Asks: 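I have a structure here, written as structure tokens, and I will follow up with some questions on it.
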Amino acid sequence: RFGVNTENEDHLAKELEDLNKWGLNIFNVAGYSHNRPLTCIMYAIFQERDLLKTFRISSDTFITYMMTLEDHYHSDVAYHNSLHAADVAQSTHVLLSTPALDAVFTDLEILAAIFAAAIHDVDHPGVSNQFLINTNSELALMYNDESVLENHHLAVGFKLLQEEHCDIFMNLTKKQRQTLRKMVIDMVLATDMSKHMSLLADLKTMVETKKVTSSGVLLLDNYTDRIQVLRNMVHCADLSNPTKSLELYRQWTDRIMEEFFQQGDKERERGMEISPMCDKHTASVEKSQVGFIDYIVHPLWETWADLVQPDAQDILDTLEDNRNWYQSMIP
Ligand SMILES: O=C(Nc1c(Cl)cncc1Cl)c1ccc(OC(F)F)c(OCC2CC2)c1
Ligand SMILES: [Mg+2]
Ligand SMILES: [Zn+2]
């Protein structure tokens, strides 16, 4: 089905043993599956959690949909291609298994979070919301300058479900489809970085009033509480590159800066003001990664670590180490 060469056969399976671990190498997975990491990992994650059985999704329909989804990720965009969506989906799969959230979420909520991660950047053009708005692009006109890309990703992901041969949610009840849709919209719209501060603040509240039962698991009474953790989960996963091993983090940084600089060039050709971190002639990649961790990634992930204490300590230590590595690359 994947046509994985007889030579990449066991290499792939050897990589997929780390499926449930933070240390999984999605680059290795993309290379052994003929650059189909999103399809590959999503199939693996769905078999592990036995989601195909629970929601009666035929294996053919699942593959057909994921393949088409993966094809809507642009392979010429340096960072926001299917490897990132696969990375965010697999990272979310690991966060959902963290001991402090054990048995807290329904199967339907697990399905929604992983599906959301998978579609969260589909058909990304390699430019930011602010670029699309400043250039009066069709998408900004379409979405009235609000969470332009995030709304688009959702629109494409759900639209690919319209044909029967691609409808993975055909066996959910009407009710389940409507709840899953609400959760997915919510989670994907929350990946808009302009909502980041609002999200971090609400998560700090959740940590302050966190009630963990005798089982050592968090108590989340209402839907409001659960979707609040899920939004933050996908958001942390989206901002997890600097929490990975240094070998992986540096390749992600290479990819993001290649995309950001490409937008700098486009802004320069059009006579627009260049965002300072986006300017290949002046910006220090190393200073920007240090600023990224101190002011965005560390504040979020330390808060997340508090809520799931102590499951995330390794993540925090890797983050401080990677930060110090980039700081040591600045003269
Ligand atoms: O913003 C990001 N991601 C992103 C998210 Cl989480 C949500 N919405 C849009 C984007 Cl671009 C993002 C992701 C990864 C980065 O570096 C490394 F980890 F690869 C990075 O560098 C900051 C810095 C150079 C100026 C920025
Ligand atoms: Mg995005
Ligand atoms: Zn993303």
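Chain A uses the PDB entry numbers throughout; the residues present, in order, are 155-485. Counting convention: from 1, in listed order, for ligands and their atoms alike. Values reported hereafter were calculated over all heavy atoms of this structure, with side chains retained and with hydrogens, waters and symmetry mates removed. Per the header of the entry, the method used was X-ray crystallography, 2.3 Å.
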Asks: List the drug name given for ligand 1.
Replies: roflumilast
Asks: Which chain makes more heavy-atom contacts with roflumilast (ligand 1) than any other chain, name per UniProt?
Replies: 3',5'-cyclic-AMP phosphodiesterase 4B
Asks: Using heavy atoms only, determine which UniProt active-site residue in chain A is nearest to roflumilast (ligand 1) and give the distance to 1 Å.
Replies: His234, 4 Å
Asks: Within the 4.0 Å heavy-atom shell around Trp406, which atoms of roflumilast (ligand 1) are there?
Replies: 19 (F)
Asks: Which residues in chain A does UniProt mark as 3',5'-cyclic AMP-binding that also have a heavy atom less than 4.0 Å from roflumilast (ligand 1)?
Replies: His234, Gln443, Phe446
Asks: Should you measure from each heavy atom of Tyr403, which atoms of roflumilast (ligand 1) turn up under 4.0 Å away?
Replies: 17 (C), 18 (F)
Asks: May I ask you to check if roflumilast (ligand 1) and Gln443 share an N or O to N or O distance below 3.5 Å?
Replies: yes
Asks: Report, in ascending order of atom number, the atoms of roflumilast (ligand 1) lying under 4.0 Å from any heavy atom of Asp392.
Replies: 5 (C), 6 (Cl), 7 (C)
Asks: Write down the UniProt domain of chain A that holds the majority of residues in contact with roflumilast (ligand 1).
Replies: PDEase
Asks: Okay, next thing: UniProt's AMP-binding residues in chain A - which of them have a heavy atom under 4.0 Å from roflumilast (ligand 1)?
Replies: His234, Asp392, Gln443, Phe446
Asks: Strictly less than 4.0 Å: does any protein heavy-atom distance to atom 3 (N) of roflumilast (ligand 1) fall in that range?
Replies: no
Asks: Which is closest to atom 25 (C) of roflumilast (ligand 1) by heavy-atom distance: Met431, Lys441, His278?
Replies: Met431
Asks: I'd like to know what other ligands and ions lie under 4.0 Å from roflumilast (ligand 1), if any.
Replies: ligand 2 (magnesium ion)
Asks: Find all residues with any heavy atom less than 4.0 Å from an atom of roflumilast (ligand 1).
Replies: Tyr233, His234, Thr345, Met347, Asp392, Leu393, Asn395, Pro396, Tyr403, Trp406, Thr407, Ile410, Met411, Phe414, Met431, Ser442, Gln443, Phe446
